[PDB]
Amino acid sequence: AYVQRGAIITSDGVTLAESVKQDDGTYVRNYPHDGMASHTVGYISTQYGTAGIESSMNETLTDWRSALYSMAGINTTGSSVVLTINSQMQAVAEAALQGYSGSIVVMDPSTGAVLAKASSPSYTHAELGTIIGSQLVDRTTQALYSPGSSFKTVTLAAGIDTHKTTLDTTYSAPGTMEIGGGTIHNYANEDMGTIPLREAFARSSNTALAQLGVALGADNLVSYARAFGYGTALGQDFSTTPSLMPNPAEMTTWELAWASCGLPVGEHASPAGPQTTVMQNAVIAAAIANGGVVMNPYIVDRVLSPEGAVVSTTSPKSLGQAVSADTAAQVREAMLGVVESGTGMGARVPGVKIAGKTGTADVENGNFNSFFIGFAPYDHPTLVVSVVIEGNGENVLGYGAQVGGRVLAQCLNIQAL
Ligand SMILES: *C(=O)[C@@H](NC(=O)COc1ccccc1)[C@@H]1N[C@@H](C(=O)O)C(C)(C)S1
């Protein structure tokens, strides 16, 4: 502890972590704006473990002289870390989760840079010096959720990219339908008649999208999911638990039908899926917004020497092209429909074209979660949002979309400055 640890700063210059020298000789870790991006800034605690940047960039932040403790402070001084996080967007995301459990990720679609990353409930660093699904879980990257209908984005992308369907192709979308010996149902058993795929997607018909998933087959469904990041521990410089899909060979038709609507119901050796992180949902939206090119997200922009010189800069890196540019353009158009006339009207913001996909998924004892992935502006997107609002007793139907749209609009205004 005699070696001064480097600082952690936002892209807009807000210091979130500093080490301060003491007369004693040692350094104490200070956290200005304590409470901001806590899970991302992280900590090193005996009781609570290690997390975030303090942990992952520990060496950067962290010979004859080594044998002398009195000289530790002299030779080495840790380098600082500038994050991609913008403090104003981070504040926007934190304000939007007040009163709720869940998370939000805002990301640049062309690079995968994480501009805001918020999990709720959260905590302060002061609180770690006391006794405390807890606040410590990072719901953006280390909690897995059934994505529900937000995953239809992947089903749609795969259907179009394999040239098995088009947005104007019609589908029967009844209230209930037998598939693989089990029943699939639209929400509220709504019978929508025969409708084009773009409308089945905007209105989020499970019966229609399940039919597409069965037409694709398990290999295709899983393969496309993986091409968007499933099975990868996303993040160049932060830890994300991989999103999961089953071994396609173990899937049944009924399982496949539900999986295509974002509900993991499989029973077999491999995991049931899809199970997703919010960060993964953001990566999917970004890929779609970025002409199909998937980017490995990152949260460190650059590293600075104690003197203030740039030691290294992170380079954006692609995880591949999951779908063609033509496919991505069709998926974007379908997502515009979700917001302009479908289940995502709550995301609309006057004067800006926002596109996205909603989902709602049942969890334990009558609880359900609301999801939204989206991007803006529709034409030439410069931001992507991914949201989950956990209901845990409260009815949060459509909340993801409302939070998502509000966050995108506020972040676009910040970008314009
Ligand atoms: C996708 O998520 C869909 N979900 C369902 O039909 C199951 O939905 C619910 C579970 C619990 C409580 C209420 C609904 C279809 N898409 C949803 C969406 O948010 O887009 C939906 C509610 C419109 S139906």
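Using the numbering of the PDB entry, the residues shown for chain A are 524-585, 592-661, 666-950, in order. Whatever order the structure lists them in is the order used to number ligands and atoms, beginning at 1.
In this PDB structure, the PDB entry names the chief binding partner of ligand 1 as Peptidoglycan glycosyltransferase. The drug located at ligand 1 is named penicillin V (bound form). Counting heavy atoms under 4.0 Å, the binding site of penicillin V (bound form) comprises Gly681, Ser682, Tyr720, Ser737, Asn739, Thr876, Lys890, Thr891, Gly892, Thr893, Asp895, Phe901. Within a 4.0 Å radius of atom 13 (C) of penicillin V (bound form), the protein contributes at least one heavy atom.
At a 3.5 angstrom cut-off on N or O pairs, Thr893 counts as close to penicillin V (bound form). This entry records a covalent bond between penicillin V (bound form) and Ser682 OG.
With hydrogens left out, the protein atom closest to atom 11 (C) of penicillin V (bound form) is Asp895 OD2, 3.3 Å, a heavy atom. Close N/O approach between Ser737 and penicillin V (bound form) is found [any backbone or side-chain N/O within under 3.5 Å]. Distance from atom 23 (C) of penicillin V (bound form) to its nearest protein heavy atom, with residue and atom name: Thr876 CG2, 3.7 Å. Of all protein heavy atoms, the one lying nearest to atom 15 (C) of penicillin V (bound form) is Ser682 OG, 2.9 Å. In terms of protein heavy-atom proximity, atom 24 (S) of penicillin V (bound form) is closest to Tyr720 CB, 3.3 Å. At the shortest separation from atom 6 (O) of penicillin V (bound form) among protein heavy atoms lies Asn739 ND2, 3.2 Å. The N/O atoms of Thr891, backbone and side chain alike, include one that comes under 3.5 Å of an N/O atom in penicillin V (bound form).
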Do any nitrogen or oxygen atoms of penicillin V (bound form) lie under 3.5 Å from a protein nitrogen or oxygen, and which ones?
{"residue": "penicillin V (bound form)", "atom": "2 (O)", "partner": "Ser682", "partner atom": "N", "Å": "2.7"}
{"residue": "penicillin V (bound form)", "atom": "2 (O)", "partner": "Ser682", "partner atom": "OG", "Å": "2.1"}
{"residue": "penicillin V (bound form)", "atom": "2 (O)", "partner": "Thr893", "partner atom": "N", "Å": "2.9"}
{"residue": "penicillin V (bound form)", "atom": "2 (O)", "partner": "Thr893", "partner atom": "O", "Å": "2.9"}
{"residue": "penicillin V (bound form)", "atom": "4 (N)", "partner": "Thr893", "partner atom": "O", "Å": "3.4"}
{"residue": "penicillin V (bound form)", "atom": "6 (O)", "partner": "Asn739", "partner atom": "ND2", "Å": "3.2"}
{"residue": "penicillin V (bound form)", "atom": "16 (N)", "partner": "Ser682", "partner atom": "OG", "Å": "2.8"}
{"residue": "penicillin V (bound form)", "atom": "16 (N)", "partner": "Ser737", "partner atom": "OG", "Å": "3.0"}
{"residue": "penicillin V (bound form)", "atom": "19 (O)", "partner": "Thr893", "partner atom": "OG1", "Å": "2.8"}
{"residue": "penicillin V (bound form)", "atom": "20 (O)", "partner": "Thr891", "partner atom": "OG1", "Å": "2.4"}

